[PDB]
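Chains are named by letter, beginning with A, in the same order as the sequence lines. Throughout, chain A uses the PDB entry numbering, with the displayed residues spanning 59-234, 286-517 in order. Using the numbering of the PDB entry, the residues shown for chain B are 1-429, in order. Chain C residue numbers are taken from the PDB entry; in order, the displayed residues are 1-441. First listed ligand is number 1; within each ligand, the first listed atom is number 1.
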Amino acid sequence: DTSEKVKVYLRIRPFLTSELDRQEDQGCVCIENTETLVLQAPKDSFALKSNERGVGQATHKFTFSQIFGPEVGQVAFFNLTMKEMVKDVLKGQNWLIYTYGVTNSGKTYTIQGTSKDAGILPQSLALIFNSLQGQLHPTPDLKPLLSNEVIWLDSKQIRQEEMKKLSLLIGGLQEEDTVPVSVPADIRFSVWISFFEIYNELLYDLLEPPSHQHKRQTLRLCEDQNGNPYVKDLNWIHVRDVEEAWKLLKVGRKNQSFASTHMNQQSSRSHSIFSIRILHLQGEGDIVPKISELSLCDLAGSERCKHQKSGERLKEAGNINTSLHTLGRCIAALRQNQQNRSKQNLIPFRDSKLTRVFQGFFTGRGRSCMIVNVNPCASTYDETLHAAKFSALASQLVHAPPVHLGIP
Amino acid sequence: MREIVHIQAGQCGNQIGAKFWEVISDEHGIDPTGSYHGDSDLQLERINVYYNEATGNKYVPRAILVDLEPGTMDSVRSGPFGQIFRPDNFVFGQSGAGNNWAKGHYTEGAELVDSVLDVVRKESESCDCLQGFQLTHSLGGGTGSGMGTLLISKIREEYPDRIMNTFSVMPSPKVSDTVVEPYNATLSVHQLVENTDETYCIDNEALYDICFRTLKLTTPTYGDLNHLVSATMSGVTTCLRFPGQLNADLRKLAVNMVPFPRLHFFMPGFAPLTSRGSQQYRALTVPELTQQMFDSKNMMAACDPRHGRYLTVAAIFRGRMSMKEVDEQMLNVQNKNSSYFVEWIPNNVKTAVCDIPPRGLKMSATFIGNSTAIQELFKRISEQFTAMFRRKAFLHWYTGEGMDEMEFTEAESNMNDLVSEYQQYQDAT
Amino acid sequence: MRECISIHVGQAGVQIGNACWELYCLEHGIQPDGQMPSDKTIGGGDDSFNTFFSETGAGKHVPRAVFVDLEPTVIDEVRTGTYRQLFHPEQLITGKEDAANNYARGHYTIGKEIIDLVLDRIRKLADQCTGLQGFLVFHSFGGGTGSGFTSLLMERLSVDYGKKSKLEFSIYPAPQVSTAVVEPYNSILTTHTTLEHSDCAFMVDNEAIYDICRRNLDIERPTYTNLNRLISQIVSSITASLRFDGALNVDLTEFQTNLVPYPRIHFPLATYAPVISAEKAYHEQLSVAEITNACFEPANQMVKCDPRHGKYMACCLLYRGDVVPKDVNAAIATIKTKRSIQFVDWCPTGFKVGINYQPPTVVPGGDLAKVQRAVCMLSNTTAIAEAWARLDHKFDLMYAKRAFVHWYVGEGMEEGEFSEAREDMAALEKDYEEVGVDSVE
Ligand SMILES: CC(=O)O[C@H]1C(=O)[C@@]2(C)[C@H]([C@H](OC(=O)c3ccccc3)[C@]3(O)C[C@H](OC(=O)[C@H](O)[C@@H](NC(=O)c4ccccc4)c4ccccc4)C(C)=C1C3(C)C)[C@]1(OC(C)=O)CO[C@@H]1C[C@@H]2O
Ligand SMILES: Nc1nc2c(ncn2[C@@H]2O[C@H](COP(=O)(O)OP(=O)(O)OP(=O)(O)O)[C@@H](O)[C@H]2O)c(=O)[nH]1
Ligand SMILES: Nc1nc2c(ncn2[C@@H]2O[C@H](COP(=O)(O)OP(=O)(O)O)[C@@H](O)[C@H]2O)c(=O)[nH]1
Ligand SMILES: [Mg+2]
């Protein structure tokens, strides 16, 4: 490869009027260049100038593949990042999107959200569907259950799936490209979607509506004939237009677990995985037509456990932390798997459920990419630093000559 | 207070449990009836780590016997220490697995796991604060391996934050008394790595070697092997029940012994061990105990540490002794044998000291080693496994119980990965 | 009144507290049951001095102490031993599960629901104190409760009280000897506590005290009971001036003002000079000059380091017994004459002297011989930086490969904190390198 690395992408949310008046733009974050960021603590009058044991500046430089400031719009941000990746997916390859952030980082705004200012998810969905417009099979006849195998549907099974999706859509219903077609009139493109989560290292589906208080969706992680892993007994839904898929994901996120935090706010406590699989079946069709998987993973933000130390949440908090740590190690191995070093190392993907589910893409069956969204406000500065330490390609300490006070 | 719930499955598990409970009851001065006829006051200070108190000052152990088929029932209940156990904890069935992992895991054990889980929940709910569970069983067998793995899975699903400790009797390479050992061993090893906190590997060849070469016994029986394993089990958790200068528990041993989550396969050992006639010719001191522990011929795992490197070791001493001598001896062992210790851990040896020794001894010590050489015991098994799976030697028995061939292959891969995960650190770096 | 409150955290804390309170009870004539025959016999004086004891109506004397273990096996020995009737029943065991040598457990997940009880007990003790104040915190790096719970406790104390001295007595890890593999993580993660909140921190090493016992007292096979006794002697020498009369008294404020040049530099080294056996108590004069010289020997230090490799920035000599200022001044002059002992240019005086009339007491069963005079030296030197640097190296060897990190991460702690702690240590080390440089005109 041409030094792929993992192609991290940092996005800075613009300041809000409701927060700028509170004196949050303290110069903590500023873009040195499109490849480097510098982070500075809220020192001087922004914090208590008294004492300050060696915290005069506390400046840290971080290296990123690309940094996108507030000047970049939603469509502009999507076009320069994911459009090439959407093209690569419609070619026939697979892809993933890791997304990391904290409250006020705007990751939920970046990936999904307002219909007008479409996020990464709806924009990619629209490009994918507009690209294959006029190449949709008349009916569903095939399930992408496994990453390399298929299940055939009869008329009764097709009707049952139709009833399933109709019941899922009608319940909880509120209000909240073609020109570069790969190969029309020779290969039909069928699109299926699934959505689940990891929670306390237990897998749980999300397309199943709230059947009962108990979440008896403990999906088991099996391995196929070739040893590739796969979640067992996961629901998949055929989609005919962009609005159906988007609405199904709103229902899935509605089912998604949420919990309060140490402010008057609510946030996710699970690693949610969304998957869209495109079956390319040529006129011949043969068996198990080509399959192309695009996945997105919204990761629970790492949060400190001192302020949160009340209730059982602490438990899941720890679990979340552990999972993310393992993920980082895997990425580090993938940043050493590069021929850059000759020793090489084993990727410890088996140490957690989340890494194990993504086995083929650390092994080399696919390509992965990461996004980190950051709140530039000073009050969250420490959190931003942690996010940088999770996602930075490299870090540098300028050593800050004004630091080391007390001593003359 | 920290309480341990004990589970034992299969013939081997039941026999080890019987000997272990005899040992512990003698340690705490408990007669076969259940009454306490000891002398020291410290014996009752922490007796409820293992026992529950009945009405008339009678103590009943927290023992659960998983598959006490009548063949093993009549041996255990009619023994010297059979009446001590609660009758309701004797869970049992008929028409056992018969050296078939599929029967233990899917067909027969699945019909009996619910009662065992009910008893386990009843026992655990009756405790003040649970430290963790303790399992004894044998791989290469039937009901033992299969239903022990099933119980481990269910228990860790129900009680994830507690400690899951297992004493597994591995199948020896040469001393074999069953033909389908590799299949059950491979599947059990696949199940254990994902669902246990610490697992001690015991091999019958090593215990026979200890009986012959060290204790000079001419006609050893399974009683002596159970005796050694029971001594190890008592020595692991000595500091949970008695005071000492430097305390430890199962969690503290685990944190100091597992650098990464999947590397939790230990080799246990015990000292002193000498013949009856040769005890008068050697003085009992800390250097002698350290020398005997770190010797390669004393380990119960049937793996030579000299073929690998010690990722991390732990020593629990029992008896009145000096801390300086212990620390100096461990430092000397580390310095003199620097080839057999990983460089990226500056200090590999954890030390704990307990004041109260065993009943008849002046000093004693228990060793828990974690080294890469353990991979050897897997590799042999894997070899035998493929020698039977390349041609489907006895595969139809397992597939006739509703268990696809893929579950075999997956297990192989996982086991192989574990071996590879232990091979990184043998190479100097 | 002249009063202090002793906190002891962890197993090392509890055992050091046992030794210390044995020594205090013998010093003040208090029986193990709290009664004093001497007070009734004489009918005057305050022999149960308020520095360490509180008098109730019936003549019983209660220690001004509280210790916590998170592990009942240690403090239940106190509840059963000979001193069971001395302490208040508020010896806060909450050890349904210990910290398992994990800083995160002691600090985040199991340290809570116990901190409130500790703070309530400390508040109740402090309300009884109508006079001077100062906390004495005993603990050990390398453990979970000794590091995490100490961090949380000091963080809360610095907010609740603020302008009160908080002296520390820490069992620093040894350079080679150890009893754990995850020791450096806990030791380095305690830097924030011992820097921000502590006002003065004394560090001691087990290897150094083993060497002292082996060489001076001729004990071939010592145990922790001797180490704790020596540490108790040091602590009693520090706080003697608050209890007994003397020619020159040194309060804790006087102690800190003459020894802490800058706020970030509060890590002195301790030494007890006349450590000697009963057999070797003879054949020696044990005059002021000899003990003052012995305080400066590298071999007698209580931390494994070499003051010859660094520079002395301030010293506090505290004498007890048949001592006179004249011989003390002569000894300081002789020490100043020597060129093997180097002093920074920015401290031309570099000596604080305090004298107390009460000679040290001998504990029966102890291995220290009865003597007429003694001296404790507490000296702030840059050589202590060495004792940190070695430890840092060990930490690096375990953090490059991320060994043992998942245990800390899964108990509610970010990974980045590790790096933060290391950076803090580096900064402190650099400071100790920069104060020792000679002035440039
Ligand atoms: C003095 C003498 O002539 O006999 C001693 C003895 O010193 C020897 C013979 C004993 C003896 O050990 C054996 O012969 C033996 C045989 C098979 C398996 C294990 C041991 C002894 O049986 C073992 C026994 O050990 C104990 O008493 C411990 O408390 C031990 N007890 C049990 O395990 C036990 C088992 C069932 C019922 C009651 C107690 C123990 C060890 C660790 C933790 C708890 C308890 C002792 C001192 C002896 C005899 C009796 C000969 C030795 O073993 C132990 C454990 O001490 C063998 O190496 C030591 C040293 C000696 O050779
Ligand atoms: N000098 C001295 N050191 C001690 C004593 N007791 C314990 N230590 C030291 O304490 C260190 C480990 O601390 P721990 O035994 O874990 O006690 P802790 O700090 O409370 O941690 P926990 O075990 O979780 O309670 C060891 O390195 C010992 O050297 C003592 O009595 N004297
Ligand atoms: N160490 C030891 N091993 C035993 C004992 N009894 C049987 N075994 C071993 O256990 C294996 C047979 O397992 P088994 O007990 O039949 O399992 P089960 O059929 O599920 O009850 C063989 O490899 C034996 O060597 C014993 O008392 N001690
Ligand atoms: Mg402890």
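The option from rilzabrutinib, muvalaplin, Taxol, erythromycin that is found at ligand 1 is Taxol. Most heavy-atom contacts to Taxol (ligand 1): the chain the PDB entry names Tubulin beta-2B chain. Other chains whose heavy atoms approach Taxol (ligand 1) within less than 4.0 Å: B. For Taxol (ligand 1), the residues with heavy atoms nearer than 4.0 Å are B/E22, B/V23, B/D26, B/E27, B/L215, B/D224, B/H227, B/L228, B/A231, B/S234, B/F270, B/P272, B/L273, B/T274, B/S275, B/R276, B/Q279, B/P358, B/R359, B/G360, B/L361.
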